[PDB]
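Structure of interest - contains MRTX1133.
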Amino acid sequence: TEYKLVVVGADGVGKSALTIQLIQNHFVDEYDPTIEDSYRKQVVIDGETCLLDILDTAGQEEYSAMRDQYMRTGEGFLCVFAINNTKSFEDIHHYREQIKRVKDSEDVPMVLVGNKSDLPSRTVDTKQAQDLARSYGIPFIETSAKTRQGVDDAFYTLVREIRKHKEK
Ligand SMILES: C#Cc1c(F)ccc2cc(O)cc(-c3ncc4c(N5C[C@H]6CC[C@@H](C5)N6)nc(OC[C@@]56CCCN5C[C@H](F)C6)nc4c3F)c12
Ligand SMILES: Nc1nc2c(ncn2[C@@H]2O[C@H](COP(=O)(O)OP(=O)(O)O)[C@@H](O)[C@H]2O)c(=O)[nH]1
Ligand SMILES: [Mg+2]
């Protein structure tokens with residue numbers, strides 16, 4: 001039923017666009033980059049009604065004790081980079097290690113997301129992202145918030161992952 005998802009990623013990669021697409025089915029062209037906020041979507045995934053509580057983490061860099069305990073209640077994570085930025089791909093490792101830290105676990109459900117797949121300025125290879133996703137034991141998804149491609153499939157896969165982490 002309830003699954004706390006966290007869309008992590010560097011400023012700009014389209015975490016808020018991928019949030020507002022899953023929740024409202026439209027491309028927002030200007031969501032405040034200083035606004036970090038949570039959003040729930042009741043969707044039915046594979047027979048089971050699921051209240052996905054998605055946190056779009058997007059503000060300033062803080063690491064308070066409050067924020068640890070907060071991201072430790074996050075059960076699953078979308079590591080969101082943009083195909084049109086390399087720093088955004090190199091930041092995916094950083095996000096994964098903050099998750100491994102706050103979760104005290106090597107085995108936390110994650111899904112690599114190569115956002116902005118519609119732009120013709122690919123700087124991050126699909127092989128790279130598959131290589132980075134195969135080293136983590138996580139699925140890799142290429143998405144487009146502008147065109148919703150892979151959006152559902154991304155968040156849905158993450159919950160399928162979280163489903164598989166619970167039967168373990
Ligand atoms: C996330 C998360 C995160 C998790 F998944 C899990 C647990 C966490 C527990 C924390 O206590 C705290 C976090 C946490 N919260 C906010 C961060 C952040 N703010 C700044 C901007 C860019 C995103 C958004 C959010 N707005 N930015 C960067 O890291 C980016 C880089 C780029 C410049 C320097 N830093 C150091 C690294 F090299 C990479 N990390 C952040 C971070 F860990 C956590
Ligand atoms: N073309 C395209 N632009 C995107 C996509 N996702 C986000 N953007 C753009 O990237 C900019 C910043 O994205 P935002 O959602 O603010 O990312 P955040 O700062 O990581 O939350 C926005 O102006 C969006 O128009 C996408 O899939 N395709
Ligand atoms: Mg944002």
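Numbers here simply count residues along the sequence, with the first being 1. The header says electron crystallography, 3.0 Å. Numbering of ligands and ligand atoms starts at 1, following listing order. Only this structure's heavy atoms are used, side chains among them; waters, hydrogens and symmetry mates stay out.
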> By ligand number or chain letter, where is each copy of MRTX1133?
Replying inline: ligand 1
>> Mind checking which chain MRTX1133 touches most? I'd like its name from the PDB entry.
In response: KRAS proto-oncogene, GTPase
>> I'd love to know the binding site of MRTX1133 - heavy atoms within 4.0 Å, chain and number please.
In response: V8, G9, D11, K15, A58, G59, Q60, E61, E62, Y63, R67, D68, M71, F77, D91, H94, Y95, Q98, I99, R101, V102
